[PDB]
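Structure with zanamivir present.
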Amino acid sequence: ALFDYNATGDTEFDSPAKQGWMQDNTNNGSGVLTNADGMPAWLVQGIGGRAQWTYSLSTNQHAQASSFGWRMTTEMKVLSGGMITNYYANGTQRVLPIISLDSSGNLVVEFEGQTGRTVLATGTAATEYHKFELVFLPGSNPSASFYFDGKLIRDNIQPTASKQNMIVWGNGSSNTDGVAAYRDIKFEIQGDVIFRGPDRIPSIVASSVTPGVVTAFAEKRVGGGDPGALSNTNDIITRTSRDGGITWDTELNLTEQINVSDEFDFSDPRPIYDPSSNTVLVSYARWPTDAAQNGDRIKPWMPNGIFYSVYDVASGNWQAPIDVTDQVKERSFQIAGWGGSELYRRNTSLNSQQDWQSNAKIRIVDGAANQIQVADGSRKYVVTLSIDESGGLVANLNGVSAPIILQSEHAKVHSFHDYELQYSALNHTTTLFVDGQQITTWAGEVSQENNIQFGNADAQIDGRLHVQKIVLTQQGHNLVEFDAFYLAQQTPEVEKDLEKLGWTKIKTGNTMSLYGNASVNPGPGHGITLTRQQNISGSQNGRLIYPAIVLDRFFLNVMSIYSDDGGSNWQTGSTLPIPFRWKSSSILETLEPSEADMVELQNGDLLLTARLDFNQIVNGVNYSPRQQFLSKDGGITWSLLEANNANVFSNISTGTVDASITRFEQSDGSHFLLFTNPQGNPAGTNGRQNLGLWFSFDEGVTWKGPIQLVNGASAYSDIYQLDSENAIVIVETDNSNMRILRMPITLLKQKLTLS
Ligand SMILES: CC(=O)N[C@H]1[C@H]([C@H](O)[C@H](O)CO)OC(C(=O)O)=C[C@@H]1NC(=N)N
Ligand SMILES: [Ca+2]
Ligand code: NA
Ligand code: NA
């Protein structure tokens with residue numbers, strides 16, 4: 001909430017009384033409206049008496065200011081004397097700066113509860129207009145900092161005892177003469193509620209093309225629970241501000257229009273601001289109302305998916321939801337030959353004296369020893385697919401010496417491809433096609449086997465492959481037809497077990513296989529539009545991207561979901577690389593990255609920070625509740641940043657919770673990273689308390705802070721640059737009430753520099 005006086009000659013607001021301020025003069029103290037040079041100002045003439053203006057605040061407003069902070073901004077020039085007192089008192093305490101011209105004619109400041117004056121300006125500048133700012137940060141030991149034309153003058157100013165209760169400006173002394181002219185006074189109370197608990201899971205973005213336009217999101221939760229609870233209906237809600245996040249329009253339910261029979265929960269609103277179109281595109285998860293991500297109750301035959309809505313900033317209009325599920329929710333049979341091998345084989349009756357064809361639609365997720373094989377009673381043909389050290393897609397053929405690089409561009413490397421073997425009876429050789437393109441011809445090797453086989457073939461070579469289709473054809477008839485894309489999404493009365501469908505399973509060591517994915521979910525926070533991708537091969541400026549949560553069957557991980565055409569069509573990247581170990585029980589010990597946020601670094605690399613849910617220890621190594629990852633190819637693939645986990649955020653909470661990360665760019669061209677998360681109470685303990693703000697000035701190698709932003713409850717949060725000097729924060733607080741902070745980043749960062 002903002003309380004202000006703005007000097008203007010406009011007869012409709014041409015004095016402080018007309019703007020709700022109370023006159024508080026004594027004796028010969030007075031004031032008058034002046035028009036020095038086109039710029040109106042209120043001239044406070046505190047000669048022979050006091051001359052000030054006051055604004056009263058309620059008990060609640062004072063309490064809010066104490067919990068969530070406040071800031072006071074004055075534009076004034078001092079003409080003469082002293083006791084120029086612009087300050088805030090809450091009934092028990094005040095921070096009182098006292099501004100004056102000293103006996104040398106210089107502009108100086110003192111603070112009650114402190115000895116000493118500081119010279120702010122000398123010479124002609126002493127009596128010119130300046131911007132004076134007081135910023136109060138909450139906490140158990142809260143303090144204020146004072147800035148002069150944007151520069152930190154005094155930090156850690158302790159509030160002092162006062163029974164006064166008001167916002168005050170002018171000359172607050174009967175005895176001490178003081179004259180000053182005021183253009184503007186602003187007092188802002190931080191932390192206004194924008195979405196009420198038990199609604200949850202906030203996110204926020206701002207428009208750079210139309211300054212002042214801010215759009216925030218949350219889950220409307222009827223019944224107050226996570227998605228997936230029968231007879232309860234969650235929707236996505238949004239509000240827009242057009243004055244920089246001060247006032248907000250009517251809460252709008254985005255999804256009820258596609259929830260007309262109460263069958264769904266929607267969750268995890270993930271907005272992206274696109275400056276090229278000046279739009280906000282927000283993606284969110286759909287769940288059946290009675291099954292979702294928690295407890296892995298969601299299954300691939302259920303209507304989990306992802307939808308998006310578009311906000312046109314110029315017109316203020318919302319575009320109806322659009323389903324992108326088929327583009328981003330993979331349906332496949334997945335074989336993870338991690339620490340083992342798993343193959344499926346069936347005997348066939350191929351005639352090697354007739355042509356035959358096989359089609360396999362296969363994605364290589366990682367590793368090697370991933371095979372598709374046909375033997376026709378005379379010869380055996382096996383294609384082994386792998387990802388090499390540099391991230392290329394490689395085929396090796398039996399009986400052929402040299403490997404074939406099928407693709408080196410990382411996006412295409414991890415995509416599905418259409419493999420076709422065309423056997424020619426005439427030539428007694430087989431031609432390999434990939435995505436319609438003739439690759440090579442080879443004779444395979446002599447064999448009396450007659451079968452088709454696929455999977456991961458070696459217990460000593462890790463590999464994961466996903467299969468959508470395996471077909472074998474001869475004389476126009478499909479001898480074998482396995483459609484995992486189809487089967488993955490059928491209800492459970494449909495037979496899907498390969499071993500009950502005429503295949504033989506051959507397994508060694510430990511493996512995991514499944515029809516998936518069970519669900520995809522954009523996750524909590526905002527996404528980004530890329531602008532520094534010039535030197536990132538395969539990538540493109542204007543890419544829309546967010547780090548989504550994918551549940552394959554029982555394990556969570558994160559992958560990029562992105563669009564290179566403004567959001568019309570979407571693609572998915574690879575999941576985060578994570579360590580694994582098989583426990584004695586043939587149960588998988590690994591990590592589950594979930595709620596994630598990313599930012600584009602100066603060089604076009606992407607930095608990702610992820611919540612690590614459930615188990616955090618793999619092979620005796622504790623990865624903490626948070627882990628950072630780096631992408632060098634525009635978000636297609638990632639690497640785990642060793643020793644860059646919760647440890648880099650000093651005094652961060654030790655409990656799992658969603659965080660936020662974002663870029664901040666100053667008007668002089670410089671930039672740095674901001675990050676928000678609860679500190680816990682006390683800081684560094686497990687608790688959704690006391691939101692902290694961390695800074696990185698070296699592209700995410702180290703973090704400074706935290707600066708405490710909130711006193712009390714603090715859970716999920718999201719931070720975004722509002723303008724050249726401020727960032728806007730939305731944060732869950734008491735009873736999950738979601739509150740707005742508008743933070744003077746360029747002022748606050750000075751608390752972290754040399755003193
Ligand atoms: C999809 C979903 O239900 N996500 C949960 C999330 C989840 O339970 C944990 O990350 C465990 O995997 O945590 C909780 C949480 O407050 O810890 C909020 C999220 N609620 C909503 N996004 N609505
Ligand atoms: Ca987040
Ligand atoms: Na006076
Ligand atoms: Na529900």
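All residue numbers in this chain count up from 1 along the given sequence. So this one's X-ray crystallography, 1.8 Å, going by the header. Atoms within a ligand are numbered from 1 in the order they appear, just like the ligands themselves.
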Enumerate the ligands or chains that make up zanamivir. ligand 1
To what macromolecule is zanamivir (ligand 1) bound in this model, taking the chain with most contacts, per UniProt? Sialidase
Tell me which one of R688, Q293, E219 gets a heavy atom nearest to atom 23 (N) of zanamivir (ligand 1). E219
Test of understanding: given a 4.0 Å heavy-atom threshold, classify the contact between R200 and zanamivir (ligand 1) as side chain, backbone, both, or neither. side chain
When you compare zanamivir (ligand 1) with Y716, is there at least one nitrogen or oxygen pair between them that comes in under 3.5 angstrom? yes
Help me out: which residues of chain A, per UniProt substrate-binding annotation, have heavy atoms under 4.0 Å from zanamivir (ligand 1)? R200, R611, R688
Is the contact between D658 and zanamivir (ligand 1) made by the side chain, the backbone, both, or neither, using heavy atoms and a 4.0 Å cut-off? neither
Out of curiosity, which residue and atom connect to zanamivir (ligand 1) through a covalent bond, if any? none
For zanamivir (ligand 1), which part of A285 has a heavy atom less than 4.0 Å away: the side chain, the backbone, both, or neither? neither
Tabulate residues with any non-hydrogen atom nearer than 4.0 Å to zanamivir (ligand 1). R200, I201, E219, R221, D226, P227, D268, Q293, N294, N521, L556, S594, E595, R611, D613, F614, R688, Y716
